[PDB]
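Numbers here are sequence positions counted from 1. Each ligand, and each atom within it, is numbered from 1 in the order the structure gives.
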Amino acid sequence: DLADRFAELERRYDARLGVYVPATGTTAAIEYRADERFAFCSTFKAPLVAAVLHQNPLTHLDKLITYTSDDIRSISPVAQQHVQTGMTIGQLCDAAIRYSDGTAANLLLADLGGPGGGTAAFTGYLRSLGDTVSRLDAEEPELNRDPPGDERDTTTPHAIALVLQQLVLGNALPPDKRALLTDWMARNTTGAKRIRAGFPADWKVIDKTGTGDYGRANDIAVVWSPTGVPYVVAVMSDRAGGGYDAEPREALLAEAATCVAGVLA
Ligand SMILES: O=C(O)C[C@@H]1CC[C@H](NC(=O)Cc2cccs2)B(O)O1
């Protein structure tokens with residue numbers, strides 16, 4: 001049973017694995033711990049970009065955001081090199097998705113506005129998509145500090161998969177905006193050893209990764225079959241039994257994805 005093989009992975013990596021592939025017209029759902037909470041980690045940066053796209057005309061992408069060295073409080077591979085010049089909103093969306101840029105994320109949260117530096121607004125966005133489970137309670141990097149059993153800054157594989165489904169493959173965004181989210185995810189630089197590593201070369205993979213404490217490693221993806229048939233793959237993992245500094249394990253996600261591709265191909 002596919003469920004039994006996921007349990008094999010949990011046992012072998014001493015991990016908790018959560019999987020959701022939504023059903024389609026020609027496939028069953030794949031569900032494993034799909035309604036258990038897992039930390040978002042950097043995965044929220046993809047729907048965050050969708051929020052900003054949703055809320056604004058595309059001309060907003062050209063708005064210049066200036067910030068300081070003092071705004072670099074989290075892993076920010078792009079923003080930390082542009083403190084002198086600032087970055088447009090479009091550049092931040094790019095950085096947030098393609099390089100998990102945590103300062104870009106923080107700036108895009110402030111862009112949504114309102115109490116919580118934008119965290120309330122973000123969660124509200126997910127609520128507008130039908131998601132009553134997910135919650136973002138802090139910015140980077142504090143949103144990573146939540147220990148197991150604290151529901152702050154968590155989602156479920158089921159919730160995040162269905163959010164991604166609506167954003168990339170559904171009608172949550174107008175198709176021009178959707179195209180952007182998709183293109184950015186298609187050119188991600190962080191995802192080569194996760195879901196991408198588990199799918200044959202003839203399948204297309206776009207994704208957004210996340211890594212945190214307690215061995216947290218997530219990847220959410222949209223994949224296209226050699227036929228052009230698209231599916232959403234959400235894979236979430238932690239290794240919390242090893243403590244706050246348990247090693248995150250990309251290969252766990254890669255194996256999970258391989259098992260998923262075996263079912264879908
Ligand atoms: O996209 C990825 O997979 C990596 C990305 C890096 C920035 C974010 N991590 C943090 O800010 C702190 C961290 C804890 C443990 C590792 S990095 B995010 O959650 O993950």
**Message:** Out of interest, what does the PDB call the drug at ligand 1?
**Reply:** vaborbactam
**Item:** Main binding partner of vaborbactam (ligand 1), per the PDB entry
**Value:** Beta-lactamase
**Item:** contact_flag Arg194 vaborbactam (ligand 1) heavy-atom lt 4.0 Å
**Value:** yes
**Prompt:** For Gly210, is the nearest heavy atom under 4.0 Å from an atom of vaborbactam (ligand 1)?
**Reply:** yes
**Request:** May I ask you to identify, for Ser74, whether its side chain, its backbone, both or neither come under 4.0 Å of vaborbactam (ligand 1) on a heavy-atom basis?
**Result:** neither
**Message:** Does the residue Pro141 have a heavy-atom contact with vaborbactam (ligand 1), meaning some pair of atoms that are separated by less than 4.0 Å?
**Reply:** no
